[PDB]
Amino acid sequence: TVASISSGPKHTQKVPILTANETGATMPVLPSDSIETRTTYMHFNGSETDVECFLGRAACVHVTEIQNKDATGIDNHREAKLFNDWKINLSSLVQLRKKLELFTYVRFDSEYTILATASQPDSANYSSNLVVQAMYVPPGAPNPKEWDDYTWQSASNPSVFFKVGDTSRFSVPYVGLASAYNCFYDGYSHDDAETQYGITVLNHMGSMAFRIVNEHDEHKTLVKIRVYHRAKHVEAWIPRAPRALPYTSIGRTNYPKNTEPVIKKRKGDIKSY
Amino acid sequence: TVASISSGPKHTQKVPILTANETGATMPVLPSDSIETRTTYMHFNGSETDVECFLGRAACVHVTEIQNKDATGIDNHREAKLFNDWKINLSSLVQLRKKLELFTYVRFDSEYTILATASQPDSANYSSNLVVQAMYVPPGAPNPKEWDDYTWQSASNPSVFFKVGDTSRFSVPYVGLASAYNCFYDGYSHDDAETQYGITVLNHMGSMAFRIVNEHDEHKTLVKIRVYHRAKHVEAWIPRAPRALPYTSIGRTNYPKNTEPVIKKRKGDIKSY
Amino acid sequence: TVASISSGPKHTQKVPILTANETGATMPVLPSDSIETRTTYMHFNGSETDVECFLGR
Amino acid sequence: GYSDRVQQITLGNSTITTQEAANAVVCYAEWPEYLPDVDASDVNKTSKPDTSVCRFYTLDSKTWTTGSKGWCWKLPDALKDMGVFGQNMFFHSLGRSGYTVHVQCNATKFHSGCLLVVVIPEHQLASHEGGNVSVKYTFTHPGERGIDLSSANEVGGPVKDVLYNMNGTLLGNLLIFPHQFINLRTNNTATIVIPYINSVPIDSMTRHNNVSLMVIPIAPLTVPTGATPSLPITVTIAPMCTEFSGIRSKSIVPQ
Amino acid sequence: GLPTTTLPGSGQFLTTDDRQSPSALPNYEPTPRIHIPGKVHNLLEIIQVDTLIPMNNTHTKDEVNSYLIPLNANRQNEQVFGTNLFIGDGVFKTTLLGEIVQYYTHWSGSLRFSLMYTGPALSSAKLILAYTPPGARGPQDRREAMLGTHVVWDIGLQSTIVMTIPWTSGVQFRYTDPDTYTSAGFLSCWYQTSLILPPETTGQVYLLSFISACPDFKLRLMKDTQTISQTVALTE
Amino acid sequence: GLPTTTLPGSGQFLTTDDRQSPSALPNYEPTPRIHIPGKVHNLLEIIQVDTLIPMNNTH
Amino acid sequence: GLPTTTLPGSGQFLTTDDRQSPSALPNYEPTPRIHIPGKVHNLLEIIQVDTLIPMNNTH
Amino acid sequence: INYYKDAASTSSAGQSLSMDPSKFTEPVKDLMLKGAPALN
Amino acid sequence: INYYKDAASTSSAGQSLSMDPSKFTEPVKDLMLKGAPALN
Amino acid sequence: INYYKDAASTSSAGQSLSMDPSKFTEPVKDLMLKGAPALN
Ligand SMILES: Cc1cc(CCCOc2c(C)cc(-c3noc(C(F)(F)F)n3)cc2C)on1
Ligand SMILES: Cc1cc(CCCOc2c(C)cc(-c3noc(C(F)(F)F)n3)cc2C)on1
């Protein structure tokens with residue numbers, strides 16, 4: 001594959017470098033169209049910039065917390081973090097979000113990796129070997145209310161049991177209801193004057209609940225859970241303007257008020273180098 | 001393959017042992033050219049002295065430290081070692097450096113092995129199971145400022161998560177901008193009267209940040225991180241004089257002042273055995 | 001596998017939507033039996049509802 | 001003597017001519033088409049009114065002044081009240097359509113100004129309030145009037161900073177979307193053919209706007225000495241390959 | 001039992017590894033694909049589309065005006081604009097090219113820089129765009145700029161001039177992150193003759209500048225960008 | 001010894017995974033199958049049978 | 001699940017072992033090779049070049 | 001590839017791919033044709 | 001070799017190797033030849 | 001057998017088995033034959 005062909009002097013009626021950008025087209029002008037060039041080869045395929053590679057690596061998409069402690073007298077297990085849940089979404093942590101939002105529609109399979117790390121902030125005689133249970137609770141499935149509900153039986157919901165300090169790994173097929181996931185959605189759930197706007201109404205993927213299976217020890221253990229997402233078998237459509245301003249909320253395109261200029265201001269002239 | 005051929009008496013006009021080293025050549029004179037020899041075989045290929053083998057084993061290239069402790073009130077996480085980073089280079093530890101510097105240009109793939117070991121210098125009721133995160137921060141990527149920045153999301157930067165006491169392993173393709181890495185560079189970044197001299201301006205490979213994912217425990221844990229490098233698929237060019245004097249800095253060929261003689265001095269005559 | 005066949009207007013003596021449930025049978029009436037339909041495909045096998053899968057976790 | 005500048009577009013009983021065009025853009029190089037069986041899900045036979053809805057409808061003219069920020073229309077919203085197309089929109093549960101957008105603006109060889117005409121699929125607007133505030137239905141359904149980017153914020157409405165495309169992205173990058181410029185010195189019209197773009201075969205035409213059309217002044221308007229400091233901008237849109245499905249009662253929408 | 005020996009790295013989680021993993025939803029049948037226009041396969045595809053450069057940084061805040069390059073009537077020899085060519089910073093940092101380029105550490109290839117005139121039809125002008133390859137300073141006058149790669153642009157019927165910035169370098173790749181040894185040079189524009197306005201016409205005409213990559217373009221070593229961040233996880 | 005590298009997820013128990021496992025009752029011979037009417041293969045089979053709708057909730 | 005038995009030495013890091021390992025930079029395309037004179041393949045190649053001996057240590 | 005001697009130790013069977021609702025939907029003695037009067 | 005029954009569990013797809021920027025760079029109705037006047 | 005997609009992840013190359021010291025030992029313009037006077 002040639003990068004540049006050999007091209008010499010020129011004196012024509014054919015002017016490749018004069019165009020009309022109001023047509024909306026970006027004419028494929030090459031260096032050999034405006035200067036004398038020599039032959040060079042690409043020695044390059046562009047593998048690393050393939051959308052499969054671009055979205056094909058794990059990125060942290062959520063961090064949450066649960067803890068192992070005596071549940072005696074706790075009236076709201078959920079609030080006490082005896083167990084916690086995550087309303088599944090990929091737009092909470094901004095790094096992966098900006099990448100995905102480089103496109104309008106996106107379709108792919110997902111590979112999840114869940115890392116659980118223990119912590120004992122105050123006096124403990126040892127570190128306990130806790131087992132985490134991550135259960136997927138799809139829309140319509142009964143949500144856990146107590147860390148040891150009948151819901152954790154998980155007869156139909158899928159769930160993994162892994163050691164804290166260890167990692168959990170599994171993949172999920174493309175689960176969108178449509179032919180592709182929407183990164184943006186200029187619409188509502190119905191024609192209502194007050195209903196929510198944006199993908200907020202589209203990305204209703206249920207949530208996944210986490211808990212520590214072990215009963216409590218004398219001391220209290222804080223387990224932090226990090227979920228990583230890697231896309232595979234990727235397809236992307238309709239490229240768009242990259243995000244410029246900071247995000248403020250999951251799902252909305254909203255940006256903060258009194259935000260700072262994102263375009264750098266010259267320390268001098270428009271003639272400055 | 002013969003090591004020596006059979007060679008008998010000699011009385012010629014052909015004098016193989018008389019040469020002129022000012023030509024700059026080292027004539028391939030053999031024992032059979034100056035003495036009577038018998039036939040012997042090599043029974044040797046020279047596998048172990050192949051550059052692929054010479055640079056093909058792991059060598060420690062860096063040792064650093066991070067620690068798990070309460071970050072509350074710490075104004076500079078980096079300084080407190082809540083996380084630390086390594087400005088990637090292979091000339092900090094001298095053993096591998098001298099080997100690589102046996103050549104001028106060198107090209108190869110790299111296999112890294114990262115070993116993390118824990119230590120609890122003062123009172124601790126147990127040893128915690130910490131998980132280390134090593135993230136590669138290429139030039140231009142945002143550097144972590146706090147041990148739990150958004151930067152550790154590592155959406156595009158590659159990173160590994162492994163247990164302390166365990167080891168991390170992965171390989172990296174030849175990432176030089178040129179066709180080979182320079183072990184030496186008699187130049188600057190630009191024609192400037194004060195700019196730096198040497199490979200210091202060439203080997204700008206970014207750095208890799210290390211941190212402990214776990215929140216703090218009651219006691220403090222000191223984690224020492226050792227990075228090992230093994231070259232594979234090696235190519236080397238322009239052999240040079242081995243280093244004689246001790247090194248003083250990363251990248252420069254500088255040697256200390258008032259250094260000791262490196263050539264041994266005879267305990268006697270030039271006639272001494 | 002077609003999900004729905006193309007079906008147009010209708011004016012027959014053949015009334016597929018009139019049955020007698022006291023027989024105990026559930027006649028396989030389709031949308032194309034009561035409305036005008038277009039052709040669509042299943043693109044679906046029903047793997048996940050196989051008893052092997054249902055009790056298989 | 002055929003030129004990129006002279007064109008005629010005939011849809012239904014409506015025809016458009018322009019003697020100062022700059023070619024025409026066909027979004028992602030795809031001409032609109034009807035929904036093929038292989039992609040269909042909804043089993044209902046669809047209705048294709050053809051020429052009674054696939055024709056040019058001219059919106060109310062806007063006035064480009066030295067201080068204009070820009071305008072934003074949404075489809076199919078902007079045509080929600082246009083003849084039979086509009087009626088079908090509310091009488092059916094589902095619908096799908098493509099369009100030919102034709103923006104007009106003439107001046108003289110003494111004027112100067114440059115409008116960016118761009119089509120943005122799934123243009124999800126942002127709330128000027130930031131945080132997690134939503135943008136109420138009415139404010140993204142301005143209809144034929146469209147949204148005036150120089151108008152003041154209003155409770156429940158979207159942010160209208162031209163610089164940030166009403167969505168947190170920079171104006172300069174709007175060119176990644178199918179667009180065209182109306183550079184008075186060259187142009188006087190912009191034409192963009194839009195194929196149906198969505199993650200579903202067919203969809204509700206009232207609760208979802210597939211794309212929004214934006215006419216944004218980049219190089220400000222300049223009129224010759226002592227001339228009227230304004231120019232009109234006219235938008236004409238024609239639906240094409242329009243399909244409606246699931247006919248019934250007729251929606252009653254917010255406000 | 002097959003005898004095995006586990007190697008260093010066992011149990012590690014390399015975010016960049018590409019392995020197989022069990023499916024949590026066995027026998028699930030995903031939704032059929034339907035045709036959707038505008039499919040993107042490679043980022044190198046979209047960086048070939050040019051976007052506007054906010055060449056006129058000079059303002060106190062982000063404005064439509066930062067994209068307008070002012071041109072002044074009856075000025076001779078003078079400079080219209082200038083900029084270094086660190087495509088991963090400065091004026092380029094927010095463009096689609098600069099934005100995508102920042103997702104990678106290395107870049108190589110030729111850049112496509114365009115200028116579209118928006119002044120009145122009855123006006124005229126001849127400008128000169130110049131690219132100064134690394135090794136010397138940014139040109140300080142037309143004569144100096146003219147000695148390097150350049151294009152004399154005659155404003156007219158065809159509104160846009162496309163000047164290529166041919167890959168001129170020794171090392172075959174450069175860092176997207178501004179690095180001196182790896183500098184790309186300078187870009188400048190000057191009046192070849194001058195801008196002439198017609199009667200009854202007054203003020204300023206502007207130039208719109210665009211940037212995009214040539215099929216020449218190469219990008220490698222993926223990394224996180226400095227163009228986005230957060231202090232706390234976002235919530236609904 | 002075959003060199004190996006264990007991957008993330010090792011040791012996990014995914015209730016949804018479908019692997020092989022040793023039999024706790026080797027050589028056990030299960031009872032012969034006999035014909036039994038009414039075999040069900042897919043739930044999509046039985047939902048095609050209609051049942052009564054308690055349309056008159058009101059009580 | 002393939003039944004296996006881990007052998008002594010598992011988990012060890014022998015600096016001298018030569019195994020495969022996952023690449024941290026998938027799809028990265030390294031810079032083309034260009035011709036560079038003076039390539040060295042074996043150290044036995046260069047020791048055949050003679051250098052000066054500091055025979056007169058005495059200083 | 002199966003690693004164990006007993007059948008019970010193998011993994012899941014894979015889709016029956018039979019599917020005949022009629023034994024539940026149309027368990028009638030006299031065949032009833034769609035369109036023909038249910039009770040003649 | 002694939003160890004799992006479902007497609008979703010396989011590893012990455014491998015380079016699309018299609019690459020056609022024209023649907024974004026030249027989405028014009030009338031073909032424009034490089035060198036020929038953009039506006040004739 | 002290689003388990004990974006990238007070349008960088010494979011193990012060591014194996015002996016070059018080229019070995020030509022002459023480019024360092026005899027980089028002279030005019031060939032010098034062993035036995036013939038070095039300076040004729
Ligand atoms: C955009 C976009 C795309 C997606 C896909 C979300 C996938 O949702 C899941 C997740 C996150 C996990 C599981 C899952 N299956 O088993 C487990 C367990 F191990 F966590 F229990 N988790 C299943 C689905 C459908 O979400 N937002
Ligand atoms: C001379 C010379 C040659 C080199 C090569 C340095 C390679 O730089 C790296 C390193 C050290 C690690 C990674 C890396 N990728 O993933 C990880 C993680 F696991 F550490 F995160 N580290 C990537 C590159 C390009 O540096 N100096």
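Chain identifiers are assigned alphabetically (A, B, ...) following the order of the sequence lines, protein sequences preceding nucleic acid strands; residue numbering begins at 1 within each chain. Header says: X-ray crystallography, 2.5 Å. What you see below is based on every heavy atom in this structure, not just the backbone, and it leaves out hydrogens, waters and symmetry mates. Shown: partial entry. Contacts: counted within the shown part. Every number for a ligand or one of its atoms is a count from 1 in the order of the listing.
By contact count, the main macromolecule holding ligand 2 here is known in UniProt as Capsid protein VP1. Drug identified at ligand 2: pleconaril. By chain letter, the other chains having a heavy atom closer than 4.0 Å to pleconaril (ligand 2) are B, G. The binding-site residues for pleconaril (ligand 2) (non-hydrogen atoms, 4.0 Å) are B:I88, B:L90, B:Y112, B:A134, B:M135, B:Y136, B:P158, B:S159, B:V160, B:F170, B:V172, B:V175, B:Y181, B:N203, B:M205, B:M208, G:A24, G:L25. Remark: pleconaril (ligand 2) atoms within the under-4.0 Å shell around heavy atoms of B:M205 are 26 (O). No covalent bond joins pleconaril (ligand 2) to a chain. In the vicinity of B:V172, heavy-atom distances shorter than 4.0 Å reach the pleconaril (ligand 2) atoms 13 (C), 23 (C), 24 (C), 25 (C). Per-residue contacts place B:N203 under 4.0 angstrom from the following atoms of pleconaril (ligand 2) (heavy atoms of the residue considered): 1 (C). Residue B:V160 has at least one heavy-atom neighbour below 4.0 Å for each of these atoms of pleconaril (ligand 2): 18 (C), 19 (F), 21 (F). The entry gives chain G the name coat protein VP3. Of all the atoms in pleconaril (ligand 2), the ones that sit under 4.0 Å from a non-hydrogen atom of B:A134 are 18 (C), 19 (F), 20 (F), 21 (F).
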